[PDB]
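Benzbromarone:urat1 complex.
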Amino acid sequence: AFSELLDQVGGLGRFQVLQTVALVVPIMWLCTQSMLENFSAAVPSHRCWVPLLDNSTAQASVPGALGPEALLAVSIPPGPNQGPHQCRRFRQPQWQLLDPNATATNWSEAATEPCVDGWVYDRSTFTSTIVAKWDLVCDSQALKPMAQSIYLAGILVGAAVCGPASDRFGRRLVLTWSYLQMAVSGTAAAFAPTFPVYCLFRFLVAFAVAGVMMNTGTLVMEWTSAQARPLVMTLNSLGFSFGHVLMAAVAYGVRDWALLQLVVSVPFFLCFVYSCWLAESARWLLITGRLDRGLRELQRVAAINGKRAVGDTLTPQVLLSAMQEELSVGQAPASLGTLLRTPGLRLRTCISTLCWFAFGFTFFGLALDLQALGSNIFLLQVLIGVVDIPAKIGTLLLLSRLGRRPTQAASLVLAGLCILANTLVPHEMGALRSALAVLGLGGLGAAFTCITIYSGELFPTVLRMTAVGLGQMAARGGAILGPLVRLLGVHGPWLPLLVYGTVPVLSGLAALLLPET
Ligand SMILES: CCc1oc2ccccc2c1C(=O)c1cc(Br)c(O)c(Br)c1
């Protein structure tokens with residue numbers, strides 16, 4: 001098997017460290033790409049465009065000066081939920097509301113009119129956003145979630161198209177192409193003049209994100225020992241956790257959505273540049289039937305590891321003899337039908353995927369709309385990343401010490417309970433709300449590594465990959481379904497959070513059924 005070749009060549013040497021660092025670095029920026037939506041697509045307060053305020057001629061026509069606060073009351077109906085109406089304007093100016101008495105029900109909807117001239121957004125915190133540019137407000141409010149869904153749709157498509165491709169052309173080639181596609185698509189989306197064009201380039205960016213993620217995952221775990229695999233994943237996950245901290249650093253500097261996207265998607269040009277000086281997986285070359293390339297790559301890895309003589313001793317005969325087990329009897333991937341045929345495994349599978357979905361649905365429903373969780377988004381963005389790392393290390397320590405099943409159940413249950421508690425406390429006590437939201441997101445980050453490590457060992461080795469793929473697809477499908485739930489928020493902001501908090505609790509409670517180890 002290739003394990004003998006890896007042992008002969010290395011496994012935990014200089015080359016592994018260098019390649020791991022190089023592959024880990026881009027995941028921060030990949031996280032930034034996904035988490036862009038919070039700052040690029042922020043929704044500011046949108047008053048209606050009123051002639052008597054913006055047009056200076058009309059305002060100056062009246063003798064004397066009238067305060068903006070008092071002048072607004074004559075041309076904007078008092079809106080629902082304690083604010084000036086964000087989608088209606090008075091048909092004619094009304095001075096009754098001004099001087100003597102205040103009309104609660106008199107400012108009825110009969111005299112109102114839709115925003116014919118457009119809206120006037122607030123630029124105090126964000127210079128520009130996608131919502132302001134294309135007026136994704138009032139009747140078009142549903143467009144913002146949909147767009148997000150479309151982005152998360154691309155992730156579902158990319159993994160469905162970059163998987164069979166990576167097994168035909170090679171992992172590193174597809175990874176390089178994905179870096180280039182990311183850079184180009186981001187730069188194009190920065191300049192999108194129309195809304196469908198921006199959505200299309202966002203879909204392409206999601207495609208490239210999926211390709212990069214899967215190729216990196218396959219590359220790191222094919223050049224390292226099987227004993228270090230549990231550790232490797234964490235190094236990848238922790239890298240993503242740093243993106244949060246980076247995002248808040250970038251968003252706090254540039255407040256224009258176009259410049260934000262351009263800054264985010266530029267480094268991937270450098271990533272594509274240095275992608276050339278990387279290592280193609282020797283396992284794929286050897287099993288596919290390309291022995292010259294595999295031998296040269298293995299000798300290169302041996303030279304980097306510092307053992308030139310050992311690398312030189314390798315010959316085609318030894319390589320063929322060592323790899324006969326995998327090549328002589330080709331292990332074709334066990335069909336999903338075969339995995340679902342066995343009565344014994346069914347209970348294990350149905351629960352397992354149920355966890356994946358529960359994580360994917362709940363995370364992307366809460367992460368992308370971070371405004372509802374707290375008061376300001378910069379502090380929440382920083383704190384999510386700051387708290388994920390201790391959580392993601394404590395989960396590994398508990399898995400080593402405590403059983404996997406209790407940890408898997410507890411993480412999901414606590415995350416769901418934290419979200420449920422967060423949605424109940426009054427908005428006045430912002431500190432409690434923010435802390436509970438941060439802790440829930442941290443618990444979800446913990447559950448990610450817990451389930452990723454655990455699901456591998458549940459099923460036999462023959463059908464393990466099929467089960468992992470099924471779980472990953474379930475996570476992506478729940479991710480697509482996540483944002484659409486926010487449309488229910490019209491009935492009230494509490495319902496989406498109630499759903500997002502209820503799903504993880506049930507998933508965690510069900511996770512107790514599946515066996516330990
Ligand atoms: C469903 C698979 C998927 O595709 C993405 C594309 C961009 C950003 C995140 C993801 C993502 C995740 O769910 C995810 C969540 C956490 Br937490 C991680 O630490 C890592 Br690594 C990945």
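In this chain, residues are counted from 1 in sequence order. Just follow the structure's listing: the first ligand is 1, and inside any ligand the first atom is 1. No hydrogens, no waters, no symmetry mates; every other heavy atom, side chains included, goes into these values.
Source organism (PDB) for chain A: Homo sapiens. The binding-site residues for benzbromarone (ligand 1) (non-hydrogen atoms, 4.0 Å) are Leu30, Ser34, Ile155, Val209, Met213, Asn236, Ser237, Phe240, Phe359, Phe363, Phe364, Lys392, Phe448, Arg476.
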